[PDB]
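Next structure: contains imipenem (open form).
Simply put, chain letters go A, B, ... down the sequence lines. Numbers in chain A track the PDB entry; the residues on display, in order, are 21-92, 105-266. The numbers used for chain B are those of the PDB entry, and the residues that appear cover 21-91, 101-266, in sequence. When the header is checked for method, it gives X-ray crystallography, 1.9 Å. When a ligand or atom number is given, it counts from 1 through the structure's own listing order. Heavy-atom basis, side chains included; hydrogens, waters and symmetry copies ignored.
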Amino acid sequence: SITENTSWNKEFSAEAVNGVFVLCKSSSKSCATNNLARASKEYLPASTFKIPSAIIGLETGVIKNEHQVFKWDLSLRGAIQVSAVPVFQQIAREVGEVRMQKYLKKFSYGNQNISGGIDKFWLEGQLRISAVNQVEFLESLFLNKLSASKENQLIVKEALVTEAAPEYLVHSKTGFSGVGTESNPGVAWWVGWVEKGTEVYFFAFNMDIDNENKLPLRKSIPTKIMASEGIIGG
Amino acid sequence: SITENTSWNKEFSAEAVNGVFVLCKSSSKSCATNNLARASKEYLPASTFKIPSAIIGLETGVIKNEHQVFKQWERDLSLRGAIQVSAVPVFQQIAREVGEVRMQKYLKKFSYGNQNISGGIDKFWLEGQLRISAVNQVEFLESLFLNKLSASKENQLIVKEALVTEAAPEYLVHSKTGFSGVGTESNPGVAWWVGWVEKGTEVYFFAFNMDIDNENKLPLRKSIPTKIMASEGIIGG
Ligand SMILES: *C(=O)[C@H]([C@@H](C)O)[C@H]1CC(SCCNC=N)=C(C(=O)O)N1
Ligand SMILES: *C(=O)[C@H]([C@@H](C)O)[C@H]1CC(SCCNC=N)=C(C(=O)O)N1
């Protein structure tokens, strides 16, 4: 029962941005968004796919453990933060089609369509996922409810930490498919969750982008909205 | 074999502080300190004991899991919240439920300092006879980092996560402060800052302690080691 919040539209209007922001408190049953419609629309996950991929990589053994080093050398958190294109293409290849499919089914990940090439389906393949689905997936991860060891889920959760403050911890992941065209604009993402006190907020944001100079709005807009809600005040 | 960096003492002299800093790269086999004599000297762990206490509490089931919540009425605290503030009673309760025997066994497995928990199961680390050196702190944190402690990998990961205090694109700082109090003329209190930095594919373990007889100096337990590590290029100034 996701409710809409017209107030948050102001932040998009201020920048002339077409996109959506989904923010949920405590669980995926209490969400709000500036565009209930786009909230359920499915888009290429791009780099946000690094989250389920890292979990699957660990679960299948492709990634030895939390201390696994990757030659472009990068740590798991380092590889998650940068493009590190070769790293995750290699992880995907090692996992393979059959195992990848099995896990996305277990994870209920978007349309679960990995067609387009084992080492690129999330960047230029048929995979698509919505902001609402991203939140449901991140919630399962937070609760250690994904079909993977709690050990591996915890490893990825710490690898996703991007901001630390005395009162909260922000876990997040960016994503960007590429400029594209007006008849088919690219999509930029920012998803994650904030642990503030004993409370938790899950969020998913995506926006049409036709110029890379608009990329910073992908983080600024959601940060402003969450800052107002007194969640991070960044 | 720990080496002694004389230049580090200038950071202590600048604030007229008596203390020690132990910093190691990759492992405890590559450590440096401003004073070999004090690096091995055991001191009251104070709040730094919350680290093994948290692991033991989780390993014994006393602490349900990572989502365990703890208790003018102040709202409940998360594991991370409880670790960062005083919340001494929270950990006193944990210690009581763990019990003398189990605590003793775990500190033995953890090779935690002098392993002397006598004189009150709920306060041996705050005023008891328990003592641990900066080098021992590093060894302990190293074991935690490698998941080599006698506890589930899961629980070690939960505690390591709860210890995150600074996040930058290039590094993650895990740390824990400590403060026994101001003590007295003949015996001042001790202040600590221990933890480790994951920078890229490298890891740096650190343990700092200083004598302190006035809370006015507390900020120094973080600033002195931060200056030293910042100078070494490990973390931002
Ligand atoms: C993930 O969605 C993309 C890419 C791997 O497809 C990465 C790269 C970028 S922006 C490009 C700059 N690369 C550095 N030289 C992002 C992003 O979303 O900002 N994620
Ligand atoms: C842990 O060792 C101490 C205490 C429980 O003994 C706690 C409380 C503090 S500082 C208390 C207020 N000081 C004011 N300037 C710390 C700490 O060292 O940060 N941990």
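The largest share of close contacts with imipenem (open form, ligand 2) comes from the chain named in the PDB entry as beta-lactamase. Other chains in heavy-atom range of imipenem (open form, ligand 2) (under 4.0 Å): B. Using a 4.0 Å cut-off between heavy atoms, B:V114 makes no contact with imipenem (open form, ligand 2) at all. Proximity to B:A66 (heavy-atom distance under 4.0 Å) selects the following atoms of imipenem (open form, ligand 2): 2 (O). A covalent bond joins imipenem (open form, ligand 2) to B:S67 OG. The ligand atoms of imipenem (open form, ligand 2) that sit less than 4.0 angstrom from a heavy atom of B:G207 are 2 (O), 18 (O).
The closest protein non-hydrogen atom to atom 6 (O) of imipenem (open form, ligand 2) is B:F208 O, 2.7 Å.
Of the candidates B:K205, B:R250, B:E244, the one placing a heavy atom closest to atom 17 (C) of imipenem (open form, ligand 2) is B:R250. Looking from atom 1 (C) of imipenem (open form, ligand 2) to the surrounding protein, the closest heavy atom is B:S67 OG, 1.4 Å.
Of the listed residues (B:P118, B:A220, B:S115, B:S209), the one carrying the non-hydrogen atom nearest atom 8 (C) of imipenem (open form, ligand 2) is B:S115.
Close approach of imipenem (open form, ligand 2) to B:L155 is summarised as follows: ligand atoms under 4.0 Å from at least one heavy atom of the residue are 6 (O).
With ligand atoms numbered from 1 in the order given, imipenem (open form, ligand 2) contributes 10 (S), 13 (N), 14 (C), 15 (N) to contacts under 4.0 Å with heavy atoms of B:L247. Within the structure, the closest approach of B:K70 to imipenem (open form, ligand 2) does not fall below 4.0 Å when heavy atoms are considered. By chain and number, the binding site of imipenem (open form, ligand 2) at a non-hydrogen cut-off of 4.0 Å is B:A66, B:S67, B:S115, B:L155, B:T206, B:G207, B:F208, B:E244, B:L247, B:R250.
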